[PDB]
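Structural view - pralsetinib in its complex with Soluble RET kinase fragment.
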Amino acid sequence: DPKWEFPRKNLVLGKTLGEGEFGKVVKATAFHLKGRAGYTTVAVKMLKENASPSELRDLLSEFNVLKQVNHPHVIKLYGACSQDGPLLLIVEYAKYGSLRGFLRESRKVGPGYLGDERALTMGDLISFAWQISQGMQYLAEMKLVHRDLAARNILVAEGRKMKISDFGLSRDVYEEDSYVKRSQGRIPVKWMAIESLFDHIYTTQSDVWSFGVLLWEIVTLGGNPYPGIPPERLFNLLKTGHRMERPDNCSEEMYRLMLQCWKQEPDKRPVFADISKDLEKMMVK
Amino acid sequence: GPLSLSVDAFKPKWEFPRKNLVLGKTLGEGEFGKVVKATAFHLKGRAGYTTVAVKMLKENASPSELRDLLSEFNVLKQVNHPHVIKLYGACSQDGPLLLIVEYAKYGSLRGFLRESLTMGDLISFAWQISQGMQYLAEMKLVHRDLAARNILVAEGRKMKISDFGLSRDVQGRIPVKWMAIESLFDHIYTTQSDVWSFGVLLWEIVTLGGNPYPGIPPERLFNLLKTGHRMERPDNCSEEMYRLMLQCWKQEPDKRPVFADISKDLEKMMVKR
Ligand SMILES: CO[C@]1(C(=O)N[C@@H](C)c2ccc(-n3cc(F)cn3)nc2)CC[C@H](c2nc(C)cc(Nc3cc(C)[nH]n3)n2)CC1
Ligand SMILES: CO[C@]1(C(=O)N[C@@H](C)c2ccc(-n3cc(F)cn3)nc2)CC[C@H](c2nc(C)cc(Nc3cc(C)[nH]n3)n2)CC1
């Protein structure tokens, strides 16, 4: 595609920001990038030499999705180097890294959580959730289930701006408002809705479940969900009716919103436009 | 679904009591799971403590990971061969799912070779793997993920085939650089695609844990293999051995050798030394 193909000579790759088993994200710089003069700091998502067909299909799918979606709280695609070399995916540089990493740092790093850029209040945590909810509102409007919504997969940009990232597992759902796969999914079990885990059904309403898990991560400052519980235990735990308890540092109003997101029946959960309104009513109060 | 049924089913011959397992140091770990050394008291009617390896999931494990671990348990109950990694059992009643397997002291074959052995030792390793694969092929088991990282090196340098989480009897998460051409283009996995992968494993042995297709990205390999290209003859490799690699990488699966032929070729190399 000529609108997205970037000259490889103009990209210069730097240090590794982080790494999986099959791929990595490196800090980079790009010369003469989409009208800009000079160099621009960017992130490059790419595969390792041990890459599977599924990892390659997912990186290709992330590229496809990112060409079609533009939102202030969705990570911005600049382009790709995809001829005479490996597939390099050029995306916006979010300076604070993951939301999980950012929030876990605020425990350790002063001024820290307080109930400018390192001082956090409950007001700021609600704001972060609201930004992500606004991005998911838009992504649900585009007929697009993210599936892997979690605090490790949100990035934190300049001005503490939330950027939904890691679109490799996201699927189109124009067909039937649902994505169903026969085989087992690669979403971590502790972020999955009950119908996704048991029945393999992924909708906007299972992204609402996952968002509920993200809310819990946000208020506990990057907590590990279902702490100490093996992931195989989630099948029986969720079926019988159990959900994560109210974390210390969380209002009744916020916990009701979490419990709403984790209703067994997906029609009884709130849509992303309602979630945005709840968080607005929390903010103003 | 399939996994909720398996998990529930999974929760006597293979149930090891948790109180007799003492987990030791971590041997290594991926994103979603780890392998730890342990001591097992009264393991399968054996006196005292037996050193074992324990595979457990990490707490961000997916359904895919959990299925693979249960699938490995399912496969390893049906197989017993000196060059396949032995299952002793599982802890399923007391906390997380622990899979208890044979302990091989030197780690992965890839890691063993990268530390480094004569050409006779290298040919002996390829033969052992080929023997275990001849056994697996006879048991109707396609391994799928044959590679030097998925072979373990036990005491006396005995090769153990391992990592049975992706094996199937009779989308894709096997790395592109080890997959057969019909696997790449048609998603077909047979004994003859294990042969292809063994050929890549054979290349890894003679290079002392080399990275296959070095400086070619996996995305470009599809069209290089389709057109006819293969890896050239590596250094410290005979004409006889390279010919055996090239035949494992024939496009048509019928033209590739079976594992009896491979073993027979390797038996004929060692007797001529
Ligand atoms: C959560 O993401 C990180 C990580 O460790 N990811 C692992 C788990 C990971 C797994 C698979 C693959 N794959 C990449 C592929 F192409 C395929 N898989 N890459 C990485 C940790 C945070 C890191 C980062 N740190 C800082 C300080 C800034 C920053 N800015 C960014 C990052 C981006 C994309 N834009 N701007 N990113 C990015 C990588
Ligand atoms: C290739 O295997 C190692 C590794 O780092 N693997 C990573 C990449 C990895 C990924 C996923 C999971 N998962 C485990 C799960 F349950 C799910 N995923 N575990 C580990 C490196 C070698 C290490 C080892 N070192 C030594 C010195 C000895 C040794 N002996 C053994 C090992 C066994 C099984 N029996 N005896 N093993 C075992 C782990």
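Chains are designated A, B, ... according to the position of each sequence line. Chain A is numbered as in the PDB entry, which gives 714-828, 842-1011 for the residues shown. Numbering of chain B is taken from the PDB entry, so the residues present carry the numbers 700-710, 715-819, 846-899, 910-1012, in order. Indexing begins at 1, ligand by ligand and atom by atom, following the structure's order. Looking at the header, which is where the method is noted, we find X-ray crystallography, 2.3 Å.
Contact chains for pralsetinib (ligand 1) (heavy atom under 4.0 Å, other chains only): A.
In A:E768, the part holding a heavy atom less than 4.0 Å from any atom of pralsetinib (ligand 1) is the side chain. Applying the 4.0 Å criterion to heavy atoms of A:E732 picks out, from pralsetinib (ligand 1), the atoms 5 (O), 7 (C), 9 (C).
Proximity to pralsetinib (ligand 1) (heavy atom under 4.0 Å) is shown by these UniProt ATP-binding residues of chain A: A:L730, A:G731, A:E732, A:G733, A:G736, A:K737, A:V738, A:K758.
Annotation: atom 4 (C) of pralsetinib (ligand 1) to nearest protein heavy atom, A:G731 CA, 3.9 Å. Nearest to atom 15 (C) of pralsetinib (ligand 1) among the protein's heavy atoms is A:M759 O, 3.2 Å.
Among the semaxanib-binding residues UniProt records for chain A, the set within 4.0 Å of pralsetinib (ligand 1) by heavy-atom distance is A:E805, A:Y806, A:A807. Near A:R878, meaning under 4.0 Å from any of its heavy atoms, are these atoms of pralsetinib (ligand 1): 1 (C). Summary of contacts: the protein heavy atom closest to atom 14 (C) of pralsetinib (ligand 1) is A:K737 N, 3.3 Å. The largest share of chain A residues contacting pralsetinib (ligand 1) lies in UniProt domain Protein kinase. Both the backbone and the side chain of A:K758 come within 4.0 Å of pralsetinib (ligand 1), judged by heavy-atom distances.
Result for chain A and pralsetinib (ligand 1): the nearest UniProt active-site residue and heavy-atom distance (1 Å) are A:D874, 9 Å. Using a 4.0 Å cut-off to heavy atoms of A:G736, the atoms of pralsetinib (ligand 1) that qualify are 12 (C), 13 (N), 14 (C), 15 (C), 17 (C), 18 (N), 19 (N).
Counting only heavy atoms of the protein, atom 24 (C) of pralsetinib (ligand 1) lies nearest to A:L730 CB, 3.7 Å.
Residue contacts with pralsetinib (ligand 1) do not include A:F735, since none of its heavy atoms lies under 4.0 Å from the ligand. Nearest protein heavy-atom contact of atom 32 (C) of pralsetinib (ligand 1) is A:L881 CD1, 3.7 Å.
Closest to atom 9 (C) of pralsetinib (ligand 1) among all protein heavy atoms lies A:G733 N, 3.6 Å.
Residue-level proximity to pralsetinib (ligand 1) for A:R813 is absent, since no heavy atom of it falls below 4.0 angstrom.
For pralsetinib (ligand 1), one of its N or O atoms has an N or O atom of A:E805 under 3.5 Å away.
Polar contact check, A:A807 against pralsetinib (ligand 1): a nitrogen or oxygen pair lies under 3.5 Å apart.
Protein heavy atoms are absent from the space less than 4.0 angstrom from atom 2 (O) of pralsetinib (ligand 1). Under a 4.0 Å criterion applied to the non-hydrogen atoms of A:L760, pralsetinib (ligand 1) contributes the atoms 16 (F), 17 (C).
The binding site of pralsetinib (ligand 1), defined by non-hydrogen atoms within 4.0 Å, is formed by A:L730, A:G731, A:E732, A:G733, A:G736, A:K737, A:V738, A:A756, A:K758, A:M759, A:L760, A:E768, A:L772, A:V804, A:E805, A:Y806, A:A807, A:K808, A:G810, A:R878, A:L881.
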